[PDB]
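To find a chain, count down the sequence lines: A is the first, B the second, and so on, and within it residues start at 1. Whatever order the structure lists them in is the order used to number ligands and atoms, beginning at 1. Structure method, as recorded: X-ray crystallography, 2.3 Å.
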2 protein chains.
Amino acid sequence: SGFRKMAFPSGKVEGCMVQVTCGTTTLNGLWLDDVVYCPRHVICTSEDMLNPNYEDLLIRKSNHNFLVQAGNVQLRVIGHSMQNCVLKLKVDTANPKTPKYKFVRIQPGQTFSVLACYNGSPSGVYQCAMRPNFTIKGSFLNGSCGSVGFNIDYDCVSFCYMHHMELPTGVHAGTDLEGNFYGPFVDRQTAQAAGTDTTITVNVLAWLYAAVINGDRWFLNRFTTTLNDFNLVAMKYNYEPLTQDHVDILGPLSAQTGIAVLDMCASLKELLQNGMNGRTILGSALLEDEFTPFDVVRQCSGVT
Amino acid sequence: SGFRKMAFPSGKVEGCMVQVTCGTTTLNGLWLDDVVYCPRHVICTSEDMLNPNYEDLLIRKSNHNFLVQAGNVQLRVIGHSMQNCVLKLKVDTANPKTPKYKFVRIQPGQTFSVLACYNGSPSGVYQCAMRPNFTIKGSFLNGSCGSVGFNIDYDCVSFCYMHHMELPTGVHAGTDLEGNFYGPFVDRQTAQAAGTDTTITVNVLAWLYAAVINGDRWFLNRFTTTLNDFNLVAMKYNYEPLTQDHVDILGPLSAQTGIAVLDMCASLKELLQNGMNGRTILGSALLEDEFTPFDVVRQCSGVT
Ligand SMILES: *[C@@H](CC(=O)OCC)[C@H](C[C@@H]1CCNC1=O)NC(=O)[C@@H](CC(=O)[C@@H](NC(=O)c1cc(C)on1)C(C)C)Cc1ccc(F)cc1
Ligand SMILES: *[C@@H](CC(=O)OCC)[C@H](C[C@@H]1CCNC1=O)NC(=O)[C@@H](CC(=O)[C@@H](NC(=O)c1cc(C)on1)C(C)C)Cc1ccc(F)cc1
């Protein structure tokens, strides 16, 4: 038993991380088959970043302006292509460590593992969520860009995130592996509004089932509610509305514990109204929303 | 910027994980060179676990009663030895993925990465601390035993932990890689008292520095204090006393921020006395103690 913020094992992704250099700019790239993927802003001089014309800037680059190091081995870049906000660098070598992989675009509320890298070297692995406003609360310093987020489905790495930017508020923004930003964000150093960040209500409920499974039950009350009563209270507290799809997703946890979703909604309504009164749930003094119902089922069934 | 509970990349340790089977009992093993390391309780039937005589049970086993699977490859066991609470199985094949490695015994308050495994397969990586009472707040299910904890110093993997036990209180106990238990625990299904779990004061201070670096300053107060004033208050709140070694170790963070250790001690004293009043620090509604000063330096400098 016990419950922790758990990342997927990072090994299959470590063997894909290379260093991409263009003039001063050194950041991380993802080496799958004979293609290296990185942020297209590797081609920007800090001055460009104000208002970059990425076509005009890329046009003035040759294959040879791009330095790719895989450990100590140099990869010959034999092609440079722009797909939305990512650079695709064709290389002379297929990566022999390439795992089975897909590119996915994840939805708000979904979690992924981030392999935080600097100079194409892995430093750290942490789990986080796509926030409803399509930001992530990550840990990223200078050189971290091109760090990827991924899920693992047995043998298949599903890449969902590539890190491009921090907003002045200290939260993070990036793209799927086809170079489309999550959220209304652009790869430009100008004022960008995130949106009001709401709580992921379905995830809070899954974490409350996590809590009951680990013997933390003090917040289980007598009452019940409706999807409509609950949502009317939830919106007051900047919580995402709960839909029937959310209730059906919470089904297995409901069945395991013998607590109906709408009884757990009734308990969460209390916690929002009356507060936690200084009691912790699974060692946290606040309601946690960065665990999906799959994340909870993984870690209370032990999927490998 | 940003700040997360971050595990080391798990790749080098994934390459060492094997499944060990003895009669019914299946659990995880660590394969370094031509030796497999696992919990000695692999030889116990659930009935034995009440009061096991490990000599009498081991005596009745031969090299061929031991099935080691490394993915699909069966390893031929050519020798079996007991060192404290671990089995050493001599195998015909040195592990070609053996990294540079040490066995270290960590101190209370130090952090490590856990690679949670089932049937010799990696499922997840999370960071935690050796509690002052020599327990860990982990996530382990049935089959998790032989899962290891490690630190990584560039290319060298320092193994510090092998999981053996959950206590009835839902916290965890295990050994160093020479099979010595952390704390007063034995590998038996009998009543074992953990000890009073205190807060790791040096880690709380490092985390407060982490907070100031990330723009979270609201708790920086007017006062100062002495090592003795602070410690006198710290003991009242079940915090570990702060020593000169702790002040010296907090030096880099002190220098970075221009905030002297005893000024941060003075701030922490207030938080203990007044409580947190419902505000958060780095997204937590309580004082976090599972980040060392090295962990904070790692993540506010980006060591790779
Ligand atoms: C990754 C790239 C890098 O380090 O370059 C190689 C040397 C890096 C990661 C972030 C910096 C520290 N924390 C991070 O997450 N990203 C950058 O270097 C970009 C930094 C930004 O994201 C800036 N964003 C803005 O300029 C901005 C300001 C406002 C109001 O809205 N957006 C913040 C640090 C402010 C640099 C960059 C790259 C590409 C761009 F199109 C713009 C900026
Ligand atoms: C790992 C062993 C494994 O993989 O089994 C091989 C098939 C596993 C870890 C725990 C299971 C649940 N979560 C865990 O972290 N260990 C066990 O299966 C042991 C179970 C325990 O540790 C029990 N502890 C006690 O028996 C106990 C009771 C008291 C007062 O103090 N300690 C808990 C389930 C309660 C089984 C085991 C192994 C070795 C032993 F010496 C005794 C018991």
- prompt: What would the PDB label the drug at ligand 2?
  reply: rupintrivir (bound form)
Largest contact partner of rupintrivir (bound form, ligand 2) in terms of the PDB entry: 3C-like proteinase
- prompt: Judged by heavy atoms, which other chains are less than 4.0 Å from rupintrivir (bound form, ligand 2)?
  reply: A, B
query: Which is it for B:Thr26 and rupintrivir (bound form, ligand 2) at heavy atoms under 4.0 Å: side chain, backbone, both or neither?
result: backbone
message: Can you report which non-hydrogen protein atom sits closest to atom 5 (O) of rupintrivir (bound form, ligand 2), along with the distance?
response: B:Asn142 ND2, 3.7 Å
task: Check each heavy atom of B:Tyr118 against rupintrivir (bound form, ligand 2) and say whether those closer than 4.0 Å belong to the side chain, the backbone, both or neither.
output: neither
Proximity to rupintrivir (bound form, ligand 2) by part of B:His164, non-hydrogen separation under 4.0 Å: backbone
task: Have a look at rupintrivir (bound form, ligand 2) and work out which part of B:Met165, if any, has a heavy atom under 4.0 Å from it: side chain, backbone, both or neither.
output: both
Geometric N/O contact B:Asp187 with rupintrivir (bound form, ligand 2), under 3.5 angstrom: no
message: I need the contact type for B:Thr190 against rupintrivir (bound form, ligand 2). Using non-hydrogen atoms and a strict under-4.0 Å cut-off, is it side chain, backbone, both or neither?
response: backbone
query: Below 3.5 angstrom, do we get any N/O pair linking B:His163 and rupintrivir (bound form, ligand 2)?
result: yes
message: Using a 3.5 Å cut-off on N or O atoms only, is B:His41 in polar contact with rupintrivir (bound form, ligand 2)?
response: no
query: Is atom 7 (C) of rupintrivir (bound form, ligand 2) in close reach of the protein, with a heavy atom under 4.0 Å away?
result: yes
Under 3.5 Å: N/O of B:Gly143 near N/O of rupintrivir (bound form, ligand 2): yes
task: Considering heavy atoms of the protein only, find what lies nearest to atom 34 (C) of rupintrivir (bound form, ligand 2) and give residue, atom and distance to 0.1 Å.
output: B:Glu166 O, 4.3 Å
- request: Under 4.0 Å, heavy atoms only, figure out whether rupintrivir (bound form, ligand 2) is touched by the backbone of A:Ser1, its side chain, both or neither.
  value: backbone
- prompt: Which chain residue and atom does the model connect to rupintrivir (bound form, ligand 2) through a covalent bond?
  reply: B:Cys145 SG
- prompt: Which chain positions lie within 4.0 Å of rupintrivir (bound form, ligand 2) by heavy-atom distance?
  reply: A:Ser1, B:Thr25, B:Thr26, B:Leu27, B:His41, B:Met49, B:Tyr54, B:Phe140, B:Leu141, B:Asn142, B:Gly143, B:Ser144, B:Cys145, B:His163, B:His164, B:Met165, B:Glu166, B:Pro168, B:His172, B:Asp187, B:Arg188, B:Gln189, B:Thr190, B:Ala191, B:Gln192
